[PDB]
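Summary heading: complex between saruparib and Poly [ADP-ribose] polymerase 1.
Positions are given from 1, in the same order as the sequence printed here. Atom set for the values below is all heavy atoms of this structure, side chains included, hydrogens, waters and symmetry mates excluded. As the structure lists them, so they are numbered: ligands from 1, and atoms in each ligand from 1. How was it done? The header gives X-ray crystallography, 1.6 Å.
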Amino acid sequence: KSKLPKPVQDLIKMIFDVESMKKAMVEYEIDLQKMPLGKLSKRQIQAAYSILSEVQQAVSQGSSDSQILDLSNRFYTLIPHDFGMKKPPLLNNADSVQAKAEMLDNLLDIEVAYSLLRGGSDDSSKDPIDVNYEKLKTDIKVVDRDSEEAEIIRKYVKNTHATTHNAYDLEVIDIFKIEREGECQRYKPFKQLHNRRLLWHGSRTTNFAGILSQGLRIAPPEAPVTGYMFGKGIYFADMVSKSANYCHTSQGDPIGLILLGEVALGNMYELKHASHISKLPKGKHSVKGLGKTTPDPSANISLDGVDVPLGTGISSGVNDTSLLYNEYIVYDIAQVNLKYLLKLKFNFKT
Ligand SMILES: CCc1cc2ncc(CN3CCN(c4ccc(C(=O)NC)nc4)CC3)cc2[nH]c1=O
């Protein structure tokens, strides 16, 4: 029987749950009889991204519905969807391509989780919770509720829930301090960069075995750059609720997981609207999508030399922006050092 703290054991059980992975695939309208969890592979996902790229080239060039049909059908051949004996919906627009690119990004983390469960050894004398914990190659410690770091984190949660995200409220259940093996070494060139910020990154519970094992990653070269607002990078928010929406929790599944990462932003490339960029302009280290609302800059505090933007939301003074709240994007995976993982209870008001 595991000697791991009970919150850590509950975390491992949550993230390695196979029925949750199947549920996530059904939510995507994936046909599990044709493409079960076990048959998902990086080469099939990468091929589907390439087809999505072809569909997008065809839509941006103003092709007809009759022209696009063959391209759209190719995507469904690679990733079989649950439509029985009916014609699947046509992928003939930017929105349809973006939704599919987002689904494939998730499949990449689901594939990692399942490959970890299937690729090791079987020993009945060991607690499977300890076996699965070791597969993450991440030290996970419970942060003491009465500590200085816990007070800072709870204040960040309490102060940055947007009024426009008021259909639910958040309750912090557990705060974990995380250290992925090799991440500190990888982060070393960026450890003293200016503008290092502690930012949020939400994801579905089914992504976390992938995130803890492999870290936050960028969609592969096959992925269409136009399927993401600021291109292919790692996206973060300074408002807890903006990132909590990416957990995709519901009344039927109200427990989510959210990360706090130290992000080396350096010289920010400030943008108000979509820019499907491949690379950053010379001298820039990140993109800052300018929101209408920002946490109050005078309330910014420091936690182990990193800026924590935990002030309540105020007007940024930015006009004519596509964004209600800020977002930060890095285009090199080495610019992120994951620090904390929070288990949240979503209390739905609807
Ligand atoms: C503005 C705040 C914000 C934005 C946000 N945007 C997207 C996502 C979804 N997430 C993107 C990365 N994704 C990949 C998985 C594997 C690979 C891989 O294996 N690549 C090689 N790549 C990509 C998994 C799905 C979550 C988000 N959370 C937030 O808080």
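- The site surrounding saruparib (ligand 1), defined by heavy atoms under 4.0 Å, contains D105, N106, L108, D109, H201, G202, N207, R217, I218, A219, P220, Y235, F236, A237, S243, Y246.
- Atom 17 (C) of saruparib (ligand 1) has its closest protein heavy atom at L108 CD1, 3.7 Å.
- In terms of protein heavy-atom proximity, atom 21 (C) of saruparib (ligand 1) is closest to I218 O, 3.3 Å.
- Within saruparib (ligand 1), counting atoms from 1 as listed, the ones closer than 4.0 Å to a heavy atom of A219 are 22 (N), 23 (C).
- Within saruparib (ligand 1), counting atoms from 1 as listed, the ones closer than 4.0 Å to a heavy atom of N106 are 25 (C).
- Contact atoms of saruparib (ligand 1) toward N207: 24 (C), 25 (C) (distance under 4.0 Å to a heavy atom of the residue).
- Chain A: most residues in contact with saruparib (ligand 1) are in UniProt domain PARP catalytic.
- Remark: saruparib (ligand 1) atoms within the under-4.0 Å shell around heavy atoms of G202 are 26 (C), 27 (C), 28 (N), 29 (C), 30 (O).
- Ranking protein heavy atoms by distance to atom 1 (C) of saruparib (ligand 1), first place goes to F236 O, 3.6 Å.
- From saruparib (ligand 1), the nearest residue that UniProt flags as active site in chain A, along with the heavy-atom distance to 1 Å, is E327, 4 Å.
- Of the protein's heavy atoms, at least one falls inside 4.0 Å of atom 3 (C) of saruparib (ligand 1).
- There are UniProt NAD(+)-binding residues of chain A with a non-hydrogen atom under 4.0 Å from saruparib (ligand 1), namely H201, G202, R217, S243.
- Atoms of saruparib (ligand 1) found under 4.0 Å from any heavy atom of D109 (numbered from 1 in listed order, with element): 15 (C), 16 (C), 24 (C).
- Here the heavy atom of the protein found nearest to atom 23 (C) of saruparib (ligand 1) is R217 O, 3.5 Å.
- Protein heavy atoms are absent from the space less than 4.0 angstrom from atom 10 (N) of saruparib (ligand 1).
- Closest to atom 13 (N) of saruparib (ligand 1), if we only count protein heavy atoms, is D105 CB, 3.6 Å.
- In this structure, atom 29 (C) of saruparib (ligand 1) lies nearest to the protein heavy atom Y246 CD1, 3.5 Å.
- For saruparib (ligand 1), the atoms sitting less than 4.0 Å from at least one non-hydrogen atom of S243 are 2 (C), 29 (C), 30 (O), numbered in the order shown with element in parentheses.
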Which pairs of N or O atoms, one from saruparib (ligand 1) and one from the protein, are separated by less than 3.5 Å, and what is the distance for each pair?
| residue | atom | partner | partner atom | Å |
| --- | --- | --- | --- | --- |
| saruparib (ligand 1) | 19 (O) | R217 | NE | 3.3 |
| saruparib (ligand 1) | 19 (O) | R217 | NH1 | 3.2 |
| saruparib (ligand 1) | 19 (O) | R217 | NH2 | 3.4 |
| saruparib (ligand 1) | 20 (N) | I218 | O | 2.9 |
| saruparib (ligand 1) | 28 (N) | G202 | O | 2.8 |
| saruparib (ligand 1) | 30 (O) | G202 | N | 2.8 |
| saruparib (ligand 1) | 30 (O) | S243 | OG | 2.8 |

